[PDB]
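Working notes for the structure below.
Chain A corresponds to the first sequence line; subsequent lines are lettered B, C, and so forth. By the PDB entry numbering, chain A shows 201-211, in order. Heads up, chain B uses the PDB entry numbers, so what you see runs 3-171. What's counted below: heavy atoms across the whole structure, side chains too, no hydrogens, waters or symmetry copies. Structure determined by X-ray crystallography, 2.1 Å. Non-standard residues appear under their parent amino acid or as X, and any extra atoms they carry are left out of the contact counts.
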Amino acid sequence: XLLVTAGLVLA
Amino acid sequence: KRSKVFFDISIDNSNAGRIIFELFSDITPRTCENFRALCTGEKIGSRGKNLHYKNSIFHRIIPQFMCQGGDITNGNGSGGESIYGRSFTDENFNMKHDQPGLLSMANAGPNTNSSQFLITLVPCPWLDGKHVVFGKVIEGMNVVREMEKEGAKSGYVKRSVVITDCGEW
């Protein structure tokens, strides 16, 4: 999807 | 109470321009202070080098969404470090992602802020309550649009988008 993470990029 | 900082951006060694940010120091003093300090490079990190955004890159850019950077330790999105240690708590969520050109903290869930951030290219209401918004692009939004063109739907950035200089303004 559209997230802004650091390490496990999800959907 | 609010202060300002800047980034000079280069794309494959070519200067793209300058971006000036106003920090919401009056709303999230702790979060803003971290960012300010990382722009000046005045603090020493866990290693022996100063925590500094200079020479760091934007490793993930998704058109019509946001530009992500700030991984000053691994440069791939897995690292980062703040002047408060490896991570710090979410200060507050008073400000929302209601406009383009906003500075917001990237994280890996509750209270995992470090040095990675994103610059919004459009409103991102789905990020509200999960990411701390602490600043606004007040000059150089056109430079940010140039950076946007270097991205891809996958977030993959082909050319090197680097912060060649930065500090307080």
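Looking only at contacts, the largest set of contacts to chain A comes from what the PDB entry names peptidyl-prolyl CIS-trans isomerase. The drug at chain A is ciclosporin. The source organism field of the entry for chain B says Plasmodium falciparum. With non-hydrogen distances under 4.5 Å, the site around ciclosporin (chain A) consists of B:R62, B:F67, B:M68, B:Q70, B:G79, B:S80, B:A108, B:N109, B:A110, B:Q118, B:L120, B:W128, B:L129, B:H133.
Every residue of ciclosporin (chain A) having a heavy atom within 4.5 Å of chain B is listed here: A:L202, A:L203, A:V204, A:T205, A:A206, A:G207, A:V209.
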When you scan chain A (ciclosporin) against chain B, which donor-acceptor pairs turn up at less than 3.5 Å?
| from | atom 1 | to | atom 2 | distance (Å) |
| --- | --- | --- | --- | --- |
| A:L202 | O | B:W128 | NE1 | 2.8 |
| A:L203 | O | B:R62 | NH1 | 3.2 |
| A:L203 | O | B:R62 | NH2 | 3.1 |
| A:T205 | O | B:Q70 | NE2 | 3.1 |
| A:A206 | N | B:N109 | O | 2.9 |
| A:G207 | N | B:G79 | O | 3.1 |

